[PDB]
**Q** 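This entry shows zoledronic acid within the model.
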Number of protein chains: 2
Amino acid sequence: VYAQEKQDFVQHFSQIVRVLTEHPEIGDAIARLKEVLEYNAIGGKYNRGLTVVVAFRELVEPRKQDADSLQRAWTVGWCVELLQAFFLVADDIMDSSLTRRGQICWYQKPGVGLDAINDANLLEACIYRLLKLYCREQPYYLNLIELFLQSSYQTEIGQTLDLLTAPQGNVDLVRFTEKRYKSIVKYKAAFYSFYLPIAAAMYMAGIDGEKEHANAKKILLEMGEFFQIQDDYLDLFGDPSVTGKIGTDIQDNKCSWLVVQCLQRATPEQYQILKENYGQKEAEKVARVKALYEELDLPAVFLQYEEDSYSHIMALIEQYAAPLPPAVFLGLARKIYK
Amino acid sequence: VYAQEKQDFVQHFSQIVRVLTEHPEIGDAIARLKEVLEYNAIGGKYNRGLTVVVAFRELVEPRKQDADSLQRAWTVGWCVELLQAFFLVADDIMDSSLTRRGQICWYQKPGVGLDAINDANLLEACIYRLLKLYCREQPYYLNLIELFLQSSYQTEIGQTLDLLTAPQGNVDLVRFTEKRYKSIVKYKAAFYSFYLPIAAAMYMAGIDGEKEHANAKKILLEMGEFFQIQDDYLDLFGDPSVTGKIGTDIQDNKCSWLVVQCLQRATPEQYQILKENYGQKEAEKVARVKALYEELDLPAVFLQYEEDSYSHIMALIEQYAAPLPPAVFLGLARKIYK
Ligand SMILES: O=P(O)(O)C(O)(Cn1ccnc1)P(=O)(O)O
Ligand SMILES: O=P(O)(O)C(O)(Cn1ccnc1)P(=O)(O)O
Ligand SMILES: [Mg+2]
Ligand SMILES: [Mg+2]
Ligand SMILES: [Mg+2]
Ligand SMILES: [Mg+2]
Ligand SMILES: [Mg+2]
Ligand SMILES: [Mg+2]
């Protein structure tokens, strides 16, 4: 029955596009912006954006949840979707990806190519444009600007670490450690994916306390780590008709949770098979790596990890949710661990 | 004797790098950030960054120009250099450029490639990192954040217009009009190049009035337009040992001031020579376009335009400089029209 809360959020995208596309000299650039927005911020699950709206309603007194306050909540929710769209458009280029959300990657579109770099930058610019148009006169205005900027910097540090640990055509198996893996996922996914939308609803509700944001981070950073580990598992073992994207981690020589777990269980012979076949474009070599992972029962190791993680996150909710409603984190835990 | 004001600004870059590179888990990403900063924000003329410092000293009472206020002025000056570095790293990729500031473009460096997209994003992130570390407790903090964000959005709209008017392998001569040209340069260069550093010094001096910023824009936007027209002229007729970069406008099918002026003077036969030779990679075809421009006396047309522009900008300074010191704009006019 949660498809209704989604439907309302999706319906507000038309308003977001209209407001951002409203100078006859910039008309052609405005039309390109509309195309970028429609192609990239639509076709997703909108869970990150929806988390702003859902948490806003659960943290703000209903008497203060007026039409304009709710409008501001939907807008900031769409700002989170725009931040994600900015990072994914650029990430698809850098990871040489083919598809995203059941369609070809925006940069792979004939006539787009590397112009997608500027398109990604425009998506980022739209966030601060919406924050100014809707939240400029709000006491949480600077809190939100700083939150989106800090989330961007943390994601970009994470992306730097992801790209450095994955050099094209260079055997970096020794660098694929558990400590290295935890550092990457913390920065590249955990902050913008779960802390950002909840923290935004918190600042909008007047919850600006350092300790409250610290406690919320304790739960959400661990949820973010799980989500990235699940993303790494699905890169190879997920159904592309469900994920909407084709995996590239093995070909891209990425420090995937799968390769880290492989190296913790591989014999010296299995290690050599991995060394000779990892980080290469040949379909035959990728297939050999997948066979190795299946031989080492990594899908069963992931299933066990998912159960241990769920139990750990629920224990963190019991420890750190107060004084916030547990439903804020429980709703998020249900969607991610389904 | 103005080389001394430059030397001091350059000496402060070591502090900027140290502060931005100071978590052992992010160590490798921090080392990559230092490399990106050193490669891209050094080797330039630093005129945009220096304009912050010079205008700060000319707008703030010397009694308020303490060591910490001056430190904040140098930092915001380096923030302007970082914004420019962010845009140029991404612009070199999208324009398929070879060199910048006498060295190969960062993305052309072996082992960098499209990872430069994230490097460019990190340079942008460093701006807001420095603004928070040095200007967070200042009354102009939000004014500066909004100024850098708005300057980014205007530049990105300009870049969109530049890339749309220049499609790869598509004859777009009819689109190369004077109105189209003025629209592109206004957004892609004029705002971040001259309005941004002066407006920053103004906000730092407590000059936040809408009319004062409007009047300053009247002069600086026209200075920005001239600088972009000069950039277009130098793309083909400039000495690469002086400019530090190799021209790509003809090959890239750009709506250059040169091609716009060509079309205003070309006969139907000269138009066909331009049509058959513009926007193509062949050295022979680029050479034919350059011969056409030289035949149509475009270098003499530019020299005349430079004189008319200088006189127009000085007339704008007389009309709109007050109540600011004219030296603020005169110093900038001397550096650009030299
Ligand atoms: O595996 P990635 O980290 O590249 C990914 O999760 C994207 N991403 C990029 C930064 N954080 C997440 P996706 O698999 O969607 O391509
Ligand atoms: O000619 P462009 O507009 O690409 C240039 O001026 C860069 N640029 C990009 C946006 N504004 C200016 P450069 O000749 O340095 O490559
Ligand atoms: Mg990816
Ligand atoms: Mg990636
Ligand atoms: Mg992935
Ligand atoms: Mg260029
Ligand atoms: Mg360009
Ligand atoms: Mg140029």
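Residue numbering restarts at 1 for every chain, and letters A, B, ... go by the order of the sequence lines. When reading the values below, keep in mind they use all heavy atoms of this one structure, side chains included, and skip hydrogens, waters and symmetry mates. Indexing begins at 1, ligand by ligand and atom by atom, following the structure's order. This entry, so its header tells us, was determined using X-ray crystallography, 2.0 Å.
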**Q** Which chain letters or ligand numbers go with zoledronic acid?
**A** ligands 1 and 2
**Q** By the naming in the PDB entry, what macromolecule does zoledronic acid (ligand 1) touch most in this deposit?
**A** Farnesyl pyrophosphate synthase
**Q** Hey, which other chains get a heavy atom under 4.0 Å from zoledronic acid (ligand 1)?
**A** A
**Q** Consider zoledronic acid (ligand 1): state whether an atom of it lies below 4.0 angstrom from any non-hydrogen atom of A:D231.
**A** yes
**Q** I'm curious whether zoledronic acid (ligand 1) gets near the natural ligand site - which UniProt Mg(2+)-binding residues in chain A have a heavy atom within 4.0 Å of it?
**A** A:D91, A:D95
**Q** So, is A:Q159 polar-close to zoledronic acid (ligand 1), with some N/O to N/O distance under 3.5 Å?
**A** no
**Q** Which organism, per the PDB entry, is the source of chain A?
**A** Homo sapiens
**Q** Quick check: does A:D162 get an N/O under 3.5 Å from an N/O on zoledronic acid (ligand 1)?
**A** no
**Q** When you measure from atom 7 (C) of zoledronic acid (ligand 1) to every protein heavy atom, which one gives the shortest distance, and what is it?
**A** A:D91 OD2, 3.5 Å
**Q** Looking only at protein heavy atoms, which one is nearest to atom 16 (O) of zoledronic acid (ligand 1), and what is the separation?
**A** A:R100 NH2, 2.8 Å
**Q** On a heavy-atom basis, I'd like to know which of A:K245, A:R101, A:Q228 is closest to atom 12 (C) of zoledronic acid (ligand 1).
**A** A:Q228
**Q** Closer than 4.0 Å to some heavy atom of A:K188 - which atoms of zoledronic acid (ligand 1) meet that?
**A** 1 (O), 2 (P), 3 (O), 10 (C), 11 (N)
**Q** Applying a strict 4.0 Å limit to heavy atoms, is A:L88 in contact with zoledronic acid (ligand 1)?
**A** yes
**Q** Give, by chain and number, every residue with a heavy atom within 4.0 Å of zoledronic acid (ligand 1).
**A** A:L88, A:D91, A:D95, A:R100, A:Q159, A:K188, A:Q228, A:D231, A:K245
